[PDB]
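Shown here: varenicline bound to Neuronal acetylcholine receptor subunit alpha-4.
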Amino acid sequence: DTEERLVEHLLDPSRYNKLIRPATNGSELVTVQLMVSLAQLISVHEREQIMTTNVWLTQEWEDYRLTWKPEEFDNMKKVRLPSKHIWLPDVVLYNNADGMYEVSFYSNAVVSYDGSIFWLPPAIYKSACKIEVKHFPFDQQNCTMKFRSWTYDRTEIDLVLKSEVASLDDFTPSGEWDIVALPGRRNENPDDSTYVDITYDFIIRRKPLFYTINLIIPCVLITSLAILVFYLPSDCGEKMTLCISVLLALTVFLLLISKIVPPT
Amino acid sequence: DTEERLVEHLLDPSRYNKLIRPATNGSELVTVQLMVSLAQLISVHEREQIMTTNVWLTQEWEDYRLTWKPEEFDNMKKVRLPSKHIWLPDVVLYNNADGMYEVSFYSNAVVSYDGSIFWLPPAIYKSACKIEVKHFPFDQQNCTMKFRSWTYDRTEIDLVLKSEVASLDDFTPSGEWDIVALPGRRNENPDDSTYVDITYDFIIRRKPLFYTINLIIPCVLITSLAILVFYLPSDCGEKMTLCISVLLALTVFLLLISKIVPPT
Amino acid sequence: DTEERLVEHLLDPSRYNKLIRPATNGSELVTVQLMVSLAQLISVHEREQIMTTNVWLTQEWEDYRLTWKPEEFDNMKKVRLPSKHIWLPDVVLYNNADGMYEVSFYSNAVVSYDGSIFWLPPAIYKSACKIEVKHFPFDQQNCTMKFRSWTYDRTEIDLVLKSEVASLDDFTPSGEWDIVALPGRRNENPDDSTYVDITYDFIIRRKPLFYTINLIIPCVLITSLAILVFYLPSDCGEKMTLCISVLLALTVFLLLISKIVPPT
Amino acid sequence: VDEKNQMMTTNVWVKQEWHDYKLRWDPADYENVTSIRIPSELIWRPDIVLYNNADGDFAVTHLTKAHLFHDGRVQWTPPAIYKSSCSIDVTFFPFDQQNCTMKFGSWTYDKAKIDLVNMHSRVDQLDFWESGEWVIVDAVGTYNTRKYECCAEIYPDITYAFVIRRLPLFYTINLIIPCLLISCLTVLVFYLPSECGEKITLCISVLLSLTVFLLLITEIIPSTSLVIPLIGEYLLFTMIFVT
Ligand SMILES: c1cnc2cc3c(cc2n1)[C@@H]1CNC[C@H]3C1
Ligand SMILES: *[C@@H]1O[C@H](CO)[C@@H](O)[C@H](O)[C@H]1NC(C)=O
């Protein structure tokens, strides 16, 4: 009951206008700390250069006009709130293919009595990354992720990291792509000064068995019959069958290897 | 705190109204200065003649009933406003495939104390463009992008340009296609005199390596065996195998360049 | 003007709460007489087993707090109310692919002075029907359509069929598929006591010319060369080409008939 | 214009204009304004439904602002995409000429309460975007009444007819040139002498190449059964004479 009186007190639209930012003395900053916890890597799509992942990002910041004096409300330390009705700092993707920018659920935010707000929505993201294919199928791919704010800049909010390596102990394993290493760091532009972002790197590696079995072994078993045609005798009447069929099987393998790889 | 007092002072519905426009002194026009800024060429799809891009478009105009003196409001030169509760000009695409005309998000508008309003939303756009194919695949396409007004016309608003190219500052490089030039023109019809549009042209060069490797090298390595059935002697009984295999391989390559290129 | 005074009198939101049902006399049923009427069968999709139809769904029922005296409003008998502003029982599909449950347009509704409501919205509907594949291409499919209420049950509303067939005089020839019969049944369940639905059964037939001409004829022409390599004498040295190419053309035709029919 | 599914998707600009009676004033009293522009959710507008829909909006849904005159004449041009369904006849596949239709009308008012009058009998093509594959010959609109099954009033509607040809050079240079070019190789195997050992190589290669061309021409035509295309009967008779 008293929590219901508190939630009618806190989100009162005469008291709390949603789309201003919490600051009090002549334009001071707010600090948004964030880190990323992976859940699984779903797919890396090479025909269109797109990585599909599942990621819970944790943001915590510090508001000031969400405060209650907690012995008046019968020793309550911690409420939940719906996150359509409080302020959000907008933290989006920025290298995003297919155009979904916000998060996918808009869950509850936990508000303590100091004003420190913890928030953790889940998302799937279709990030764009540049696939390099020279050592196919043994390569070491690299796909990045930019988190940038959306309507604000460097003199208003300030993204600070918390852990140099993003969290990986909720990971289900991925089958094909094993994860080698996964750091993350803060970038800031020294001649622009309206630019902060936090970029994560994913350094993933192929497991090379299945593509070896299906496209290196029949490729080598076809292309060892190039030198065979001179060891026929000419009187058999069977040269042209062998060398013409070897050329047509080779160009079929060239077109299928060119349908797997991107058109970079 | 005072920013909430300023938003309460400006958007009062007794003082401000949304459905009318800033035209006084006997039907003056307004000037919408617009220029676009590219993000990435996502795709040029030749088979349905379509082009998917990712454009910020930046509009400035001047709205005279949004003013204050900043000494009353704590030396604020600059606020944000929600982009639905002001006036907008209506600027959309005109040659759009699949019907989605206006911008994506309606991001927040930056309002100064002159009344001069700067605003930029993001958008994705699927424009249609006439594919010039004669030098396939070493070609150089020319894809148009038109912008008109949607409700108004030349005796109420007046579009004008800022600079004569689009901004290529946040253009990440693409992979397949590469830009050459991006001019911008303003057109106007002198037999109608109620028609402006601002059209951008994109002149794109294709990197030619991929289709060379898949389509030009096996075509020249198959058409180099056309005149070689004659030197073959008639005793061996192998003329029909060579000449029938050359004819069927050329028909298979003719159906592949049928299925790629547009059917104009 | 008197139409305006009636439309303001009938939808007073102090008077009329649209979230209740018009029960009188100690919880009688309301009886929703529906009958459906086809417009065209668009497509029967054999590979994913979806039948796409376009249909008009006439529902009529009895209300009791939407009447007037027609002398008091200068002889109106029959007005039009914006649909979805009045009560409506939710009558949807139930065997649905792709999650579109309700109707597509929400048109106007015709109120008499009795309280009888008439309603006819259109829809496109994608039912998921079970394909008999044995006598392909001469077969006779049977597809289902099951209309149930969505939020109510058998103690509250009561579906009644209007006429035993679905109507068909506002339909155009479907070309490839022609109709045989369209019965409609009311199923109640004896055991459950809370289960009424109206199922229609479209019984359709394939016009067998096109798959005969493009599939049965070249299969018969290829399998007529099965018995022929024995009548060919062995000293030509050409038996192997005929029997190998008969087996390769036969297995390519088996895989094409495997990709037309569903994988049941 | 989609021939496998029998559809036609167009991007069209529907122009409507009508009168009312409460939206009128005197321009001398309000500082000499004539025409304003109010958004179109706040007035009455009539309900115009494409009857011929197949995966379509079934009404306009962009809701562009409306121009109201002092005398009550309002006008409205909302743009729409539309996905109409038409029937495809294909006998002369190389040089076809199709006829696809649209059927606008009002949904729930009849002829003694609302009434369509078509304005100009052409479809106005002052900003057609030249598609390259098809050219419009004709585009006319005929006014109709029809009496339906439910109700005893009659209902007006307007049927538009689109007569379009196919510019035929692409399928000429890529489909009937290789088919007619390997069709002159069918009668040749009798000239070839029988102690070469190379006759049935030629008969098997010609039969399998015509079978590939018939199973590739079955993609582009629809699966109807009223007609057969005239290229397919020639390919079937050539396959009969080759076996
Ligand atoms: C009242 C309410 N809905 C109706 C729907 C339709 C008709 C009359 C109606 N009368 C026919 C005329 N237009 C669409 C169908 C058919
Ligand atoms: C991975 O890609 C990013 C983006 O270019 C780059 O900063 C980084 O150095 C790369 N690392 C490796 C190991 O390739």
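Chain A is the first sequence line, chain B the second, and so forth, proteins listed ahead of strands; every chain is numbered from 1. Values reported hereafter were calculated over all heavy atoms of this structure, with side chains retained and with hydrogens, waters and symmetry mates removed. Remember, it's 1-based here, ligands and their atoms both numbered in the order they're listed. Only part shown; contacts counted inside that part.
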State which chains or ligands correspond to varenicline. ligand 1
Which chain letters belong to other chains having any non-hydrogen atom below 4.0 Å from varenicline? C, D
Hey, what does the PDB entry actually call chain C? Neuronal acetylcholine receptor subunit beta-2
